[PDB]
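Caption: PDB structure containing tebipenem (open form).
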Amino acid sequence: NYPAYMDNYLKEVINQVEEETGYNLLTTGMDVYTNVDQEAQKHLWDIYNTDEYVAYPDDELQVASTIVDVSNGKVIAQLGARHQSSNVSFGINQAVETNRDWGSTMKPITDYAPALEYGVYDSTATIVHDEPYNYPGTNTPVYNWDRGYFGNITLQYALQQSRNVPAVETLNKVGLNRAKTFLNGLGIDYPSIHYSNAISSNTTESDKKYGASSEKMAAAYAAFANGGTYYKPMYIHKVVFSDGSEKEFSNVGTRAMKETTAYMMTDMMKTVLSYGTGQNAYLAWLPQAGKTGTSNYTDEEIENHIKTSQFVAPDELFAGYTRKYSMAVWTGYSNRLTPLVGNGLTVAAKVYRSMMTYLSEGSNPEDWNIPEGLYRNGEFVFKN
Amino acid sequence: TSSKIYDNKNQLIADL
Ligand SMILES: *C(=O)[C@@H]([C@@H]1NC(C(=O)O)=C(SC2CN(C3=NCCS3)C2)[C@@H]1C)[C@@H](C)O
Ligand SMILES: [Zn+2]
Ligand SMILES: [Zn+2]
Ligand SMILES: [Zn+2]
Ligand SMILES: [Zn+2]
């Protein structure tokens, strides 16, 4: 027996124990010590399943999210579903599932960070281009959400307004192979990468590690938070075996980007919340950064299954981090063909706001310190 | 057969 709110977390623990030990804890007696902050995890459950924190449009709208400790990659909370009146033990955990499109949340990690890392751009003020534009080697246009084009704009403003053209063009300038390598360093892979991946986590396999889940995004963004080191999501701290043996898991990280890249990304993503698309997550007292995401339906889907001229989306996504924690939030419906509408598109950011409030309140929320190699200027940050 | 699971504060949370 075990509490219901822990069902998702335990399922990953079970999977992670046998990955490292080769032993399934359900068939072998062992005491397993985990990274789950029980109080935080309960609060996540409170947010999903009550009225106290978030105004949901209906009871079938789904939320999946993972919260990570930015210093070690310990997953401290995870809930893959809300309102589940079907108690089969250790079911599909949507929080580690990579089969929903993470849309614009791919931009910082696939496009803009690599461009800064490999020195394609030199500052957050670099004039980038929002003009009519085709996917390289194709006649298909990269449309913006409004079908409009802003023209000559700063990098910062591009990311902040979440424009598509500058993102895709940036992926072309970094190069597909170079970008794939960058994503790998952040725990994300594709079997094959394509230019549509500048604005989509859409993939062919997703049998295993391919694409993006709240789990992988939490881990990926955590790198921005800590000056650019990636940690593997860890659910288990220590196992003690029936025969008295004990195995402790130390969490070691890998340099995923230069500290200047991290800082510059953070500095731009601060504005997403203040001046941009992320304004439902804004908190005056909390130094935090983040990126929003709204995936879209296909050509086949708009024609045949989706009937409306209202703004709709199968998936709404937020990915934010403070100095201490990283959180990726996915929202949507089980059936992708049930579209998010009006207030439903604000859930993802409001779930983030509520959880982050809880976790950061009471500490001294530290801001980020401008590192050696960068200097301030007006609204923007420049290299040396 | 008998596996115990503890949170980050070492207090039992599941017995499987
Ligand atoms: C990314 O997910 C898509 C892109 N980005 C995005 C977002 O949520 O950042 C949108 S929603 C769009 C921005 N917005 C505004 N409403 C009032 C003024 S700005 C609705 C957009 C679809 C990318 C895959 O297209
Ligand atoms: Zn609470
Ligand atoms: Zn409460
Ligand atoms: Zn251009
Ligand atoms: Zn291709």
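The chain called A is the first sequence line; B is the second; the pattern continues. In order, the residues displayed for chain A correspond to 267-650 in the PDB entry numbering, which applies throughout. Quick note: numbers on chain B are straight from the PDB entry, i.e. 51-66, in order. Both counts, for ligands and for their atoms, begin at 1 and track the order of listing.
To find every copy of tebipenem (open form), look at ligand 1.
Bound to tebipenem (open form) with the largest number of contacts is the chain that the PDB entry calls Penicillin-binding protein 1A.
Other chains near tebipenem (open form) (heavy atoms under 4.0 Å), by letter: A. The PDB entry names the source organism for chain A as Streptococcus pneumoniae.
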